[PDB]
Asker: 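Below: experimental structure, pleconaril bound to Capsid protein VP1.
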Amino acid sequence: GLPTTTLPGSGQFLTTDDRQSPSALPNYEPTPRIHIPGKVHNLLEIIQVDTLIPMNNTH
Amino acid sequence: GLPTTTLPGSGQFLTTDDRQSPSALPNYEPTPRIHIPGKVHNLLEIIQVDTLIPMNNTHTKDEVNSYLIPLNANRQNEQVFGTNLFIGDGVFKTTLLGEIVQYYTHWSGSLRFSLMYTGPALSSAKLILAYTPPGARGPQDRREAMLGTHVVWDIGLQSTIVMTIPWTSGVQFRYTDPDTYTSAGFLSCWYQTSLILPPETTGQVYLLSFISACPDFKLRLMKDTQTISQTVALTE
Amino acid sequence: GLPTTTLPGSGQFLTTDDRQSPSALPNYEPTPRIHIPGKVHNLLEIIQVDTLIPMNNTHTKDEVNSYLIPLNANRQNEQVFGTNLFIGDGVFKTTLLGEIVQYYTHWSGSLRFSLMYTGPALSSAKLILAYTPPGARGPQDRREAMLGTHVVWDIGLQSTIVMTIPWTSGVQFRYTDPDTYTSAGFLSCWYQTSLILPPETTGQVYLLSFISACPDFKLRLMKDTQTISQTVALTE
Amino acid sequence: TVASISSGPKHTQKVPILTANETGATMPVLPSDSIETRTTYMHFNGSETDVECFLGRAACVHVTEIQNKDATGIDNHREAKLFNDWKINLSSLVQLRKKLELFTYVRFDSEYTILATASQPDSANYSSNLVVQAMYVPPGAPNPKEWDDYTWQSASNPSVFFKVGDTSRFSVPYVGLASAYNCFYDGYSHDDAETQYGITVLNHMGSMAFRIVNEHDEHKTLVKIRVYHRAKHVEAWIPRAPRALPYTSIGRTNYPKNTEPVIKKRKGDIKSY
Amino acid sequence: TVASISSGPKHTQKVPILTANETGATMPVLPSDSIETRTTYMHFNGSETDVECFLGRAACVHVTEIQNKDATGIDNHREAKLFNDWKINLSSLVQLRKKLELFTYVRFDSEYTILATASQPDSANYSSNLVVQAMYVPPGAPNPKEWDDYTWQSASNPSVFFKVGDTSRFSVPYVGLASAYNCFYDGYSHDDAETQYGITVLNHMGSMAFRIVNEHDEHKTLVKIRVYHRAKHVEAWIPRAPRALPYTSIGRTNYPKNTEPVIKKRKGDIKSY
Amino acid sequence: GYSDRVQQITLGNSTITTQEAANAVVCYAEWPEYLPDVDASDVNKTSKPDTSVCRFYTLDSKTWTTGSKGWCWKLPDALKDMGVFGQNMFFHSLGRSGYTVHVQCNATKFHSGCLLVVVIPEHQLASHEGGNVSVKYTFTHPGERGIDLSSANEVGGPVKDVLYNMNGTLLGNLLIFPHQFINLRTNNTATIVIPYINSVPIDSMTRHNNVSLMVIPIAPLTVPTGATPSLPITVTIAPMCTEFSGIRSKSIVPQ
Amino acid sequence: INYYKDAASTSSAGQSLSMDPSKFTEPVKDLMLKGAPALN
Amino acid sequence: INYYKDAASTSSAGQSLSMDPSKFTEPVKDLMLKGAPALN
Amino acid sequence: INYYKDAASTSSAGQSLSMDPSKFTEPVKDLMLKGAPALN
Ligand SMILES: Cc1cc(CCCOc2c(C)cc(-c3noc(C(F)(F)F)n3)cc2C)on1
Ligand SMILES: Cc1cc(CCCOc2c(C)cc(-c3noc(C(F)(F)F)n3)cc2C)on1
């Protein structure tokens, strides 16, 4: 047995943490990828596309 | 599963421990660094800068006057001022040195004590600064003080005299908190000759004293200071 | 996350375990080492230094006299002293050897038993030290003692006689705590000839006995000693 | 590294111990400049006085309170402390504050530790296993109104769920809008005759809400939350006068009226030892 | 390594077993110097008797007590034990003390282990999960006055928070002001006719405070704290006579008046076996 | 025979001479410089008026009396109404600059007095009312006139106890900031070169004062028998490496 | 060894080891040599 | 393998393996040989 | 280092680092050069 010391935070669930976790569906083979146009990689990509401004709030 | 054995201490929160922890803001890109002058890397850096000592405690309330050491004309032999060297208390407690020193438990090294004369240019005087190392009492007359580490300061063109308080101790470290076995000694100043004023000149001339650490200095075992407190949490 | 499995023992505090633990004082710089004579690395080092044995228990209270073995003039055949060899009890219990030995459960090796004569220079005598290995009783007369490991000591210029108690045992280790199967035997001393005093000399001459371990010695299985205790925590 | 070099008698035209402090400089005078010294070494690096160490330990920066009780009939969940929030700042508890305020600008990453302890002031048959949710609510994010809002879904706000009695740990990168955090700011949010003055208008870091996920038990439970802060990867600029007088408010440099003298007064002469 | 060499009959002018202890030396006489021996090996290194092992295990060095109860109306929190402190020293509990005092000077790093156990002497519906805070308060640091002072912010003092029933572990570097710890000190803090004598004026290591973070429950809870010490990276100098008489005070070598004889008295002759 | 004491400083069409100085201070050993590309953010090309704003402007003289407590100016505020420099300040959204501060005060070899001249980056003042009261804009923007520490408190204003640096710190420790003394027996002028010090590349020059300059008498004034019990103190400041960005309408500020 | 992806999650930086007090002790324009008259 | 930065946090040193009893057993000025008269 | 057998159990992919907004900003048939009349 490898001697360890658990640190503060152990047991916590950080919604933002990025770790590995066991797969509930071992050996499952997802459906193949096919080509789909319009792929988005970054939100900074799309905000460069302009949309209309409801400048005339008045209503 | 790798077999492990949790050791005593598991689950504890040591405010002093230094470990890794997951980032709550993954992929966040902090703002770029720009150049900012005056970067400080070590507190030992800044305590080498001297600040004014409120040597003249005598007042009923904090006043500019507590920084002015009075000097009297035509006095001989007499003592100008005195103080023990518990840099973490007394006059020193509010200085930059004392303030920082109090963030640590142990200190060691040499101190830089300076005196700048502010009396009229046409006046003259010769004082004597003395450092009495631990073991005996604070000197009671010039003769006694003069028998130890001292400096005969001749007032003139160069306004300031810098006397060093060479680390003189057996044990290699002293406590910042006033402790007897760890006393640093005494500092006193006397008239070597006497202050002489020119004609049409009357009154009091003052001396400004400064304190700072030499590159000699060492500080260790960080701790909370007795120089700040509160009764209830502050509110906006 | 690396899959692990905690084993039995997790969370336990074994006073004897040797592991790493975070430092409560990060970046602290301890005081430099300086040279200090008399460094001790092993307890086996110091038990080789002999100390005095209070062979003369006989007294109602601890006295210098318990270290003095009386010797009487013009006695023949008679026995001077005797004791079993439970180095962790009896006379030995308070000696440096016994004291240290009691910090361990097992012992093995050879013991060094010395006798220094203090009677007048012009006196003479021949005694005989005998070590009776386990298996029989403590000798009751010189003839019996003489049949085992012994030394005929001639008193003279060289004041001390050093008799060794060669590790004589079947099992390779004995208990420090008096245990019968683990007995070490018996030590006795007798008059080989007899103590003779010079003219105008009267009274008692004494012998001083010492005990120490040979480089032979081994000690193992550390444990608490029966030589110290308290009823309540001490206070300042 | 030498602490002091060997220096003997002296009789020169070179007077090192004579300077003029009105220049504004602290000449590096050494013992060996005013007395005969022997050689000695440092055997010291000054690691414990590095700013990375000075601000490198956890210090409590805030204490707040929330409670697990029947919410039925409560009109203002916030006031009832069904959930409570902390308008993030590091100047509420003075100990760390004085340290940080030893410099003007400061930049670093932070490691937070949240400790929650339970309390049952009046009759309870057991101590319940409550789970706390601490959610960071940045400026602009919808603040929680009820202890079980939609806001606690925290789809984008980050947040942790931990047991009471346990501790929560995570670190945050330097989130300053500038290149460093301002400990002081001699300015305003805009040129207006009445707006606030000080870092009060600068350190607008939002707040983090706390609540207890479990529904209520028969008895009422009082959970007290403590947030600890530890800086790491430190950089500090422009040292300044340490604070002398006590604080009165978060962010302002204000100090109380009729305050006691901070400089000790001598029990005697200026010649007294 | 040989334990005993082969040595046979002897008849020399070289008498090894004849020495003069008044020289102050313990001549290294071996069995093979007074009897015929056979060859035998050690098969032993003496690892268990190395000072690093002798002082290398945890030993209890202090027991104290604190309690979780309603602080309302208590004027002296300290006396009430709402929080209590320990004026650090290793000579309160004798077992370890005798060991350390086998040498004059001693230097090493220390590993502490703090065990806290709970107790409810009178009526309670459950056992609460209390968290203990142990804070090191060095000489010069402000001592806690109330169980919830500002001092517990511990911005610079180091401190641990652990569950009662659990254990706290951490290590401390050699913090001596000198090059080693003094187990004895034949001196005073200064040349004064009334000041204290002994290591009492030397081992001034401050104290560590303990408290229970949680607020009070209906019932009162008694937490007993035990501190254990383990030395590591040991160095010892100047061995000395082991202690014989019982102790009476922390730091002093004093021993009780009218104390019992420590050397056993023989049930008989000096010739008795 | 070049001396620490004699100096000349020329900026734009203005020159300063002093025959009794004590060297000069360069805050944190850094000379002022323009904003380098690597540190910039604001994409606007900046304006560099050079000699038209980087010159010496002399404030109104102050009067040092045996009772004076000290004075406190704030930059860029103090120059807000000075020639083209001021104008640019209001017409631009952003701006950065450094300065050369020259404080003058001569007397005689018979007088005695010691002024502490210091520059304090981000000198956030405290309100005398305590609690959580703010310090209204107008009170930290005294302009050319500056703040007189011996005047009385006023509603909305800052506290003015020289002893506590107007911010809860002790006077004696003001030396940790780039400073210089004017000790009448040694000095007669103090000079301090201030580089741009801020946590942002460029900033608003109306809503934020980067530093404040303080002249504080430590050793009180002393005049010879039967002489006028006062000495004038003059403050001359010159911006340098000044840069303005985002030009427009021209700010209208409180009062 | 770093277990996490972001820089912020790493432990303490370890001593800067630069240490130059001169930018605070000697922020003067004209270099002043120890031993030489401060005001020449 | 050491998990922590400071020396103090490491485990036990392991046997000194020096072992010289002579500084306590034979602290005499003039070397005394075993077998040779202690007092000559 | 991946502790599990399946791809699904691994952590976040890490920045795509492609970033081509043109498929949304300029989905025109005849390339339009900045500065050249949009309608010629
Ligand atoms: C001065 C100064 C320095 C700082 C740093 C404030 C950091 O603010 C936070 C905090 C305290 C917590 C989170 C946070 N992320 O996740 C969580 C939680 F959900 F675990 F709490 N809290 C995010 C930021 C930007 O604020 N003022
Ligand atoms: C003789 C002799 C030897 C010693 C060593 C005393 C070590 O003292 C301490 C202790 C006991 C604890 C801490 C400590 N650091 O953190 C914590 C806590 F907060 F976890 F308790 N305690 C620091 C020092 C210097 O004292 N007397």
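In what follows, chains carry the letters A, B, and so on, assigned in the order in which the sequence lines appear, proteins first and then strands, with residues in each chain numbered from 1. Recorded method for this deposit: X-ray crystallography, 3.3 Å. Only part shown; contacts counted inside that part. Both ligands and their constituent atoms are indexed starting at 1 by order of listing. What you see below is based on every heavy atom in this structure, not just the backbone, and it leaves out hydrogens, waters and symmetry mates.
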Asker: Mind listing the other chains that have a heavy atom within less than 4.0 Å of pleconaril (ligand 2)?
Answerer: C, E
Asker: Would you look up which organism the entry lists as the source of chain E?
Answerer: Human rhinovirus 14
Asker: Identify the molecule name that the entry assigns to chain B.
Answerer: Coat protein VP3
Asker: Which residues form the binding site of pleconaril (ligand 2) when counting heavy atoms under 4.0 Å?
Answerer: C/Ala24, E/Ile88, E/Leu90, E/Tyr112, E/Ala134, E/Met135, E/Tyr136, E/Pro158, E/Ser159, E/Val160, E/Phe170, E/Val172, E/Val175, E/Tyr181, E/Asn203, E/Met205, E/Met208
